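Written out below as structure tokens is the structure these notes cover.
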Amino acid sequence: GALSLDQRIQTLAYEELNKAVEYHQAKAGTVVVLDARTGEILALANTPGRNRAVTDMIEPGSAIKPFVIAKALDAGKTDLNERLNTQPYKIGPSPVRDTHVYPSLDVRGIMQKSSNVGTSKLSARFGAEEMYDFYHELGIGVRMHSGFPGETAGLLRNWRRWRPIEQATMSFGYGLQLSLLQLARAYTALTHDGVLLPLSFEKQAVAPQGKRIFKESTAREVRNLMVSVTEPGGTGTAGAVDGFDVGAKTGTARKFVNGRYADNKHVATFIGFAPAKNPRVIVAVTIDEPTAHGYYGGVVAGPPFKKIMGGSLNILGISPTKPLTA
Ligand SMILES: *C(=O)[C@@H](NC(=O)/C(=N\OCC(=O)O)c1csc(N)n1)[C@@H]1NC(C(=O)O)=C(C=C)CS1
């Protein structure tokens, strides 16, 4: 069977990843590029050393939020008109707080601004066991059986052990662990009209058997919300691509070092798809411990996402949906 890898995309992803890691004087980085319609793995790139894309568990951080928001919409726990109070709070020593105090936000705003408070409130409308099953259905804790040695399953703690604060902090991506490949896979539920794809290392003549996570209508509405992330007002404007609308999500995760979360060491993540309305490509970028030129997901991982996505669309012959201006 024809290998799914596209050499030009692989080269592009590798070169842009290593350029970004150098520019930000980071420890390491990883990129996954997927066919958004059939789940072909087009590129898997790493900084020198092991195949971190498949071997390394990371916390998804705010890259989990699109799924929580989609689930809440899908189940009718919220809608596109609700305006949620998003003031911060604590339970005991644990804060539930955003980068800024947003007094209130609608679901679009929660996505756009990356509101931990907003996402936690939507998650809290579901029971713990329901959320556990949901995360497991996204593939968290479920090995890909890629064939690569040292491949990780990720980690999903048994729901019977969860404190109520833990369900909340999981909704903005603490505690959950998965590889970047497992995380990129999850995004196929949003691009492939609600249906999670298994991913493939060979070209597929038709979409393989998947599993429905969301209604098609939910997936379509969520993709539209995610375009807010790359437009003025969003966290991820650095990932906007000339000629296209891009649905994306940023993540900035405190690193866990010496038994505690560090306040000044982070992992920067940017995951997105285009064309947003009718997606063809998913690009996932993570940069571990940037020490120069910033640390926010949008600022650090946005620019390489932009280059890799723009280049991939061109390589694949996908036409711009709006006039070019660059
Ligand atoms: C999303 O990733 C979410 N991030 C956090 O809540 C985390 N840390 O915040 C940064 C800090 O210094 O406290 C976090 C989640 S899991 C983990 N280990 N850390 C929000 N998203 C973004 C973003 O890029 O979209 C943020 C940007 C600064 C922080 S809040």
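Numbers here are sequence positions counted from 1. Looks like X-ray crystallography, 1.7 Å, at least that's what the header says. Numbering of ligands and ligand atoms starts at 1, following listing order.
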Specify the drug or drug candidate modeled at ligand 1.
-> cefixime (bound form)
Determine the main partner chain of cefixime (bound form) by heavy-atom contacts and give the name UniProt assigns.
-> Probable peptidoglycan D,D-transpeptidase PenA
Relative to cefixime (bound form), which UniProt active-site residue of chain A is closest, and at what minimum heavy-atom distance to the nearest 1 Å?
-> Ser62, 1 Å
Classify the contact between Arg254 and cefixime (bound form) as side chain, backbone, both or neither, using a heavy-atom distance cut-off of under 4.0 Å.
-> both
Which residue and atom hold a covalent bond to cefixime (bound form), if the model includes one?
-> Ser62 OG
Any idea which protein heavy atom is nearest atom 29 (C) of cefixime (bound form), and the distance to it?
-> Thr99 OG1, 3.5 Å
For cefixime (bound form), which atoms have a heavy atom of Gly61 less than 4.0 angstrom away?
-> 2 (O), 16 (S)
May I ask whether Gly173 has any heavy atom positioned less than 4.0 angstrom from an atom of cefixime (bound form)?
-> yes
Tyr296 to cefixime (bound form): N or O pair under 3.5 Å?
-> no
Have a look at cefixime (bound form) and work out which part of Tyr261, if any, has a heavy atom under 4.0 Å from it: side chain, backbone, both or neither.
-> side chain
For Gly251, counting its heavy atoms only, list the atoms of cefixime (bound form) lying under 4.0 Å from any of them.
-> 2 (O), 24 (O)
Which residue owns the protein heavy atom closest to atom 6 (O) of cefixime (bound form), what's the atom, and how far is it?
-> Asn116 ND2, 3.0 Å
Closest protein heavy atom to atom 3 (C) of cefixime (bound form), given as residue, atom name and distance to 0.1 Å = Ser62 OG, 2.3 Å
What is the nearest protein non-hydrogen atom to atom 12 (O) of cefixime (bound form), stated with its residue, atom name and distance?
-> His266 NE2, 2.8 Å
Work out whether the distance between some heavy atom of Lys249 and some atom of cefixime (bound form) is less than 4.0 Å.
-> yes
Atom indices of cefixime (bound form) within 4.0 angstrom of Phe172 heavy atoms, with elements | 6 (O), 15 (C), 16 (S)
Relative to atom 10 (C) of cefixime (bound form), which among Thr252, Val299, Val267 owns the nearest non-hydrogen atom?
-> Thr252
Cefixime (bound form) versus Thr250, non-hydrogen atoms closer than 4.0 Å: side chain, backbone, both, neither?
-> both
Provide the residues lining cefixime (bound form) within 4.0 Å, heavy atoms only.
-> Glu59, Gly61, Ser62, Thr99, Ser114, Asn116, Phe172, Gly173, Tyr174, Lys249, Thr250, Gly251, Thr252, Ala253, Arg254, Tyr261, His266, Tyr296
